[PDB]
Structure formats: C-alpha cells, structure tokens
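Here's Folate receptor beta with methotrexate bound to it.
We count residues from 1, following the sequence as given. Each ligand, and each atom within it, is numbered from 1 in the order the structure gives.
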Amino acid sequence: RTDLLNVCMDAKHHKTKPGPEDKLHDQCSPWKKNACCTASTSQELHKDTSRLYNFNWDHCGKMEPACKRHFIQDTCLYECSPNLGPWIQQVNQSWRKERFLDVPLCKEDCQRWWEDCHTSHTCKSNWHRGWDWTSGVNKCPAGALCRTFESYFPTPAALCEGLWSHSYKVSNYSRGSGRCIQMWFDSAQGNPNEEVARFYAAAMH
Ligand SMILES: CN(Cc1cnc2nc(N)nc(N)c2n1)c1ccc(C(=O)N[C@@H](CCC(=O)O)C(=O)O)cc1
Ligand SMILES: *[C@@H]1O[C@H](CO)[C@@H](O[C@@H]2O[C@H](CO)[C@@H](O)[C@H](O)[C@H]2NC(C)=O)[C@H](O)[C@H]1NC(C)=O
Ligand SMILES: *[C@@H]1O[C@H](CO)[C@@H](O[C@@H]2O[C@H](CO)[C@@H](O)[C@H](O)[C@H]2NC(C)=O)[C@H](O)[C@H]1NC(C)=O
Ligand SMILES: [Cl-]
Ligand SMILES: [Cl-]
Ligand SMILES: [K+]
C-alpha cells in the first residue's frame, strides 16, 4: 500500500524518484513542490510537435488554444505526477516499461476538456496506437479522415478513456472531493492528488 505513494513510473522521460523542481514551466508549475518531471521536460512539453515524442497536436489543422491547454495540462500530469502509483501497470513497449490504467479523473475535468475541444479536429479516437510515424512525426494513417472532435469522441468519457488506451476512467466523484485525480489544480493548499493516491492505495488493496 505505502509502496504505491510518491513514486515515478519507469517511462521515457520520468525522473527515478519524485523531488522538488522550482523551475517547472508555465502550466506544470503547480507540481513544483514535488514532481516526476525535470524543468527541461516541463518546458519542452508546451511546444508544438515538441522533441519529447515528436507528437503533433495539429494533425487535422490547428488545434484551438482553449483545447490545446488541456492536452498540455494532461501531459504535465502524465510526465510530472508523483501521485499515480496505484494505477501503474507493467507494459511491453520499446519506449517505456510502465503506464497508467483507469486513473479516476474527476468528471468535471473530463467534461471541461471535452467541451473546450468541440471546435477542434482529429482523425483518430485513440492517440496512443496506430499513427503513421514514417515521416518522424505522427500523421493520419490509411482510412482515417479528419472529422470534428465529437465525431471521434462522442462523449467526454470517449475522449478521456479512449485517448490513451484507458489510462483514465471518468470518476463520478467531483473536483475537490479528494476522491478523484484532478488534472487542473492550483497548489495553495498542497497538491490535492496526494490525498487521493493515499485513499486509493488502500481502497484498491
Ligand atoms: C502523445 N505521445 C506521448 C504520450 C504517450 N502516452 C501517454 N499516455 C497517457 N496516459 N497520457 C499521455 N499524455 C501520454 N502521452 C505519444 C503518442 C504516441 C506514441 C507512439 O510511438 N505510438 C505508436 C505506438 C508505439 C508502440 O508500438 O508502442 C503508434 O502506434 O502510433 C508515443 C508518444
Ligand atoms: C509482456 O510480454 C511477456 C512475454 O511475451 C508477457 O508474458 C507472457 O505471457 C504469457 C501469457 O500471455 C505467458 O504464457 C508467458 O509465460 C509469459 N512470458 C514471459 C516471458 O513471462 C507479458 O504478459 C507481457 N505484459 C503485458 C502487460 O502484456
Ligand atoms: C453520480 O453522482 C450523481 C450526483 O451525486 C448521482 O446522482 C443522483 O442519483 C439519485 C439516485 O440514482 C437521484 O435520486 C438523485 O436525484 C441524483 N442526483 C442528481 C443531481 O442527478 C449518481 O447516482 C451517481 N452515479 C452513479 C453511477 O452512482
Ligand atoms: Cl529520443
Ligand atoms: Cl477560460
Ligand atoms: K499530481
């Protein structure tokens, strides 16, 4: 149980162990007291088609700012959170040894993300597997047309759950309940996800 608290998963850019990073950039700054990401990672992850995975958000024309801020935020959580131990699973992949499964995302964060992305476009309902990477950057593969976000993600759950192969599930608990993981939080009273990781480590046991 306690073994699941305050760890970093074994993945491409993660630090070995959580620790302070006073210089976390922009949207990742709320993790600055305790983070699995380096300052340099936090900086690079804000960029379009960044060097972290050469991943292009603007694969079906430009993704709108109100939408892209959520993908940036989600990447801060993925690369920086020391509070997702309870959901870590082993995986066979060339670029990471572990990933997350069924992280209980607060329903409002999923809802807000889905809504803010309605005016954006994509060509796939799962962005973890199946891209054409032959150019060095992800491109829509054979059979995959550009459509409205809603076409590929007809509900908030389809976005948050389908996007990274069920790395999230949409919790029925709300932001602030201490019973779901917040993607978006300010740090004034601490990182609220610590208490959540603590609760589920024991509750899932
Ligand atoms: C967006 N990005 C970084 C990345 C990867 N996994 C995540 N997982 C979660 N839960 N959240 C993220 N933000 C996240 N981000 C990506 C996306 C695709 C590939 C990729 O190489 N996909 C190959 C699959 C490679 C493989 O066989 O493992 C493909 O088929 O398209 C790498 C990094
Ligand atoms: C990663 O790969 C290994 C090896 O293929 C998987 O383990 C095997 O699983 C099968 C059943 O699916 C067993 O019969 C074999 O004995 C296992 N082989 C070894 C070498 O352990 C493993 O399950 C994979 N991990 C995931 C999450 O799929
Ligand atoms: C998720 O949470 C909502 C809100 O807390 C739950 O809502 C209510 O459910 C009961 C009985 O099903 C109703 O009588 C109430 O009027 C509902 N409130 C609202 C505002 O809808 C909901 O049941 C929960 N979902 C699950 C699957 O447990
Ligand atoms: Cl590389
Ligand atoms: Cl706003
Ligand atoms: K966190």
**Asked** What ligand numbers or chain letters correspond to methotrexate?
**Response** ligand 1
**Request:** May I ask you to identify, for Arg129, whether its side chain, its backbone, both or neither come under 4.0 Å of methotrexate on a heavy-atom basis?
**Result:** both
**Message:** If the cut-off is 4.0 Å to any non-hydrogen atom of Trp127, which atoms of methotrexate fall inside it?
**Reply:** 17 (C), 18 (C)
**Message:** Closer than 4.0 Å to some heavy atom of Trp131 - which atoms of methotrexate meet that?
**Reply:** 29 (C), 30 (O), 31 (O)
**Request:** Name the closest protein heavy atom to atom 22 (N) of methotrexate, giving the residue it belongs to and the distance to 0.1 Å.
**Result:** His128 O, 2.8 Å
**Item:** Proximal methotrexate atoms for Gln93, defined as those under 4.0 Å from one of its heavy atoms
**Value:** 26 (C), 28 (O)
**Prompt:** For atom 3 (C) of methotrexate, what's the nearest protein heavy atom and its distance?
**Reply:** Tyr53 CD1, 3.4 Å
**Asked** Of all the heavy atoms in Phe71, does at least one lie under 4.0 Å from an atom in methotrexate?
**Response** no
**Prompt:** At what distance is the nearest protein heavy atom to atom 7 (C) of methotrexate, and which residue and atom is it?
**Reply:** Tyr78 CE1, 3.6 Å
**Prompt:** Looking only at protein heavy atoms, which one is nearest to atom 5 (C) of methotrexate, and how far off is it?
**Reply:** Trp95 CH2, 3.5 Å
**Prompt:** Is it true that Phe100 lies under 4.0 Å from methotrexate, counting heavy atoms only?
**Reply:** no
**Request:** Provide the organism of origin for chain A from the PDB annotation.
**Result:** Homo sapiens
**Item:** Part of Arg99 within contact of methotrexate (heavy atoms, under 4.0 Å)
**Value:** neither
**Message:** Pairs of nitrogen or oxygen atoms closer than 3.5 Å, one from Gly130 and one from methotrexate: do any exist?
**Reply:** yes
**Request:** Assess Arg96 for proximity to methotrexate: is some non-hydrogen atom of it under 4.0 Å away?
**Result:** yes
**Request:** Compute the shortest N/O to N/O distance between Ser167 and methotrexate and return yes if it is under 3.5 Å, no if not.
**Result:** yes
**Message:** Okay, next thing: residues with a heavy atom within 4.0 Å of methotrexate - which are they?
**Reply:** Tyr53, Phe55, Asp74, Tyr78, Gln93, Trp95, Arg96, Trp127, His128, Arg129, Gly130, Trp131, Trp133, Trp164, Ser167
With the criterion set at N/O pairs under 3.5 Å, what does the list of contacts between the protein and methotrexate look like, atom names and distances included?
unit_1: methotrexate; atom_1: 6 (N); unit_2: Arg96; atom_2: NH1; d: 3.3
unit_1: methotrexate; atom_1: 10 (N); unit_2: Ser167; atom_2: OG; d: 3.0
unit_1: methotrexate; atom_1: 11 (N); unit_2: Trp164; atom_2: NE1; d: 3.2
unit_1: methotrexate; atom_1: 13 (N); unit_2: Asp74; atom_2: OD2; d: 3.1
unit_1: methotrexate; atom_1: 22 (N); unit_2: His128; atom_2: O; d: 2.8
unit_1: methotrexate; atom_1: 28 (O); unit_2: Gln93; atom_2: NE2; d: 2.7
unit_1: methotrexate; atom_1: 28 (O); unit_2: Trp95; atom_2: NE1; d: 3.0
unit_1: methotrexate; atom_1: 30 (O); unit_2: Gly130; atom_2: N; d: 2.8
unit_1: methotrexate; atom_1: 31 (O); unit_2: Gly130; atom_2: N; d: 3.3
unit_1: methotrexate; atom_1: 31 (O); unit_2: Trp131; atom_2: N; d: 3.0
unit_1: methotrexate; atom_1: 31 (O); unit_2: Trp133; atom_2: NE1; d: 2.9

